[PDB]
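Structure of zopolrestat in complex with Aldose reductase.
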Amino acid sequence: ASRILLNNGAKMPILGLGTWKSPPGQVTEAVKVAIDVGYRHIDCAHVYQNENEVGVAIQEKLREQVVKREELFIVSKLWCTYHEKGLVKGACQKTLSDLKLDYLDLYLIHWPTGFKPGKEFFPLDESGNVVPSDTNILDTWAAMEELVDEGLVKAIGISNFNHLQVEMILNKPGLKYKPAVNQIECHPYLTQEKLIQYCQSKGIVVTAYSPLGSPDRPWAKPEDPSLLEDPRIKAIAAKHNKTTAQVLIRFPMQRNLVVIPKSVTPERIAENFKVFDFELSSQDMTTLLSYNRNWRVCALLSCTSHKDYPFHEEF
Ligand SMILES: NC(=O)c1ccc[n+]([C@@H]2O[C@H](COP(=O)([O-])OP(=O)(O)OC[C@H]3O[C@@H](n4cnc5c(N)ncnc54)[C@H](OP(=O)(O)O)[C@@H]3O)[C@@H](O)[C@H]2O)c1
Ligand SMILES: O=C(O)Cc1nn(Cc2nc3cc(C(F)(F)F)ccc3s2)c(=O)c2ccccc12
């Protein structure tokens with residue numbers, strides 16, 4: 001199936017378009033091309049500073065009757081400087097206004113760590129450490145629950161929560177809505193078997209981010225592993241007459257994950273969608289799992305002292 005059933009009763013397309021780092025001047029056309037060639041899920045965030053432009057594309061494709069709003073699955077995320085209870089609705093409403101929507105299909109706590117509120121996304125002290133907010137995930141989660149009860153979002157979820165944090169939500173006293181999704185980094189170099197099985201065992205759908213290893217991440221270095229250039233992955237693609245990127249997108253799909261590759265390149269947007277016509281073998285899958293090396297694209301040094309930093313622990 002091209003959609004997975006969430007625990008709020010709604011279906012979610014297992015392929016979406018990512019938008020982190022998509023330039024504001026190219027992402028409108030990017031999203032337009034993606035809807036044209038079949039994408040029905042867009043992954044967004046206020047912190048990506050491009051939601052206005054993403055929204056232009058969505059609204060034009062609705063106006064043009066290329067798609068109906070019910071057919072779209074639009075995701076956004078609450079940024080760390082808005083974890084305070086009095087800030088969550090407004091933050092969601094800004095995202096909605098920019099996306100030109102009246103509801104989101106899914107809204108995620110973007111990271112478990114709350115940062116000091118302000119105009120700065122990454123407020124730092126004079127030594128470079130991120131400045132925390134004294135908020136905790138449970139009260140943040142309660143705030144998210146209110147968005148559901150106000151009709152602003154159809155589903156709520158979390159992102160970059162480790163096993164212990166997910167379990168803390170599930171065990172929250174007075175828990176009203178379980179998280180629908182946990183969006184986490186996942187690719188052959190960071191395979192996440194434990195976290196994913198934990199989440200799935202609990203009926204929480206996992207979305208895999210940076211499935212191609214984020215070659216355009218701004219902190220990339222020479223000695224870093226490179227998925228798209230891995231000869232072992234290239235050979236598996238070769239065997240299937242597909243591209244390395246296609247193998248890397250199909251890989252999570254077959255683990256019952258949602259995957260959200262980013263591109264602003266029209267030929268690549270289209271290539272990336274052509275992944276429903278082939279299957280990796282079970283041996284291919286285990287072989288790709290074997291390349292795990294616990295390598296993370298996303299884990300900003302400045303945040304590692306936050307009490308709620310998610311990656312000190314195994315998973
Ligand atoms: N929850 C969070 O914390 C979090 C964190 C990171 C990412 N995410 C989401 O996940 C999405 C995807 O992750 P990502 O942006 O880090 O990286 P990614 O999707 O792993 O990689 C994007 C990079 O791959 C290139 N690319 C795309 N398709 C390609 C293809 N077929 N062949 C060769 N190169 C290709 C893109 O180039 P062009 O664009 O130039 O074509 C871009 O440089 C994000 O955009 C965001 O929506 C969420
Ligand atoms: O956020 C995105 O979607 C992509 C993303 N990732 N990162 C690396 C990060 N690593 C983190 C670690 C924590 C931590 F929780 F671990 F403290 C909290 C927050 C972050 S941001 C960034 O620095 C970033 C900056 C602008 C826009 C998007 C991003």
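The chain is numbered in sequence order, starting from 1. We count ligands from 1, going down the list as the structure has it; atoms in each ligand are counted the same way.
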Margin query: Got a sec? Need all the ligands or chains for zopolrestat.
Written below: ligand 2
Checklist line | Source of chain A according to the entry | finding: Homo sapiens
Notebook entry, point to check: Closest UniProt active-site residue of chain A with respect to zopolrestat: which is it, and what is the heavy-atom distance to 1 Å?
Noted result: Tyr48, 3 Å
Check: With zopolrestat as the reference, which other ligands or ions fall inside a cut-off of 4.0 Å?
Finding: ligand 1 (NADP nicotinamide-adenine-dinucleotide phosphate)
Notebook entry, point to check: Considering only heavy atoms, does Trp20 approach zopolrestat within less than 4.0 Å through its side chain, its backbone, both, or neither?
Noted result: side chain
Notebook entry, point to check: Could you tell me which residues UniProt lists as binding substrate in chain A have a heavy atom under 4.0 Å from zopolrestat?
Noted result: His110
Item checked: Proximal atoms of zopolrestat relative to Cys298 (non-hydrogen, under 4.0 Å) -> 6 (N)
Next item on the list: Would you mind listing which atoms of zopolrestat come within a distance below 4.0 Å of any non-hydrogen atom of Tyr309?
Entry: 14 (C), 16 (F), 17 (F)
Check: Counting heavy atoms only, which part of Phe161 comes closer than 4.0 Å to zopolrestat: side chain, backbone, both or neither?
Finding: neither
Checklist line | Region of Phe122 that comes within reach of zopolrestat [heavy atoms, distance under 4.0 Å] | finding: side chain
Margin query: Heavy-atom pairs closer than 4.0 Å: do any link zopolrestat to the side chain of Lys77, the backbone, both, or neither?
Written below: neither
Notebook entry, point to check: Where does zopolrestat share space with the UniProt NADP(+)-binding residues of chain A, that is, which have a heavy atom under 4.0 Å from it?
Noted result: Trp219
Item checked: Any N/O pair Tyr48/zopolrestat closer than 3.5 Å -> yes
Item checked: Residues within 4.0 Å of zopolrestat (heavy atoms) -> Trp20, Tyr48, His110, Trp111, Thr113, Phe115, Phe122, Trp219, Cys298, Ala299, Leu300, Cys303, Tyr309, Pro310
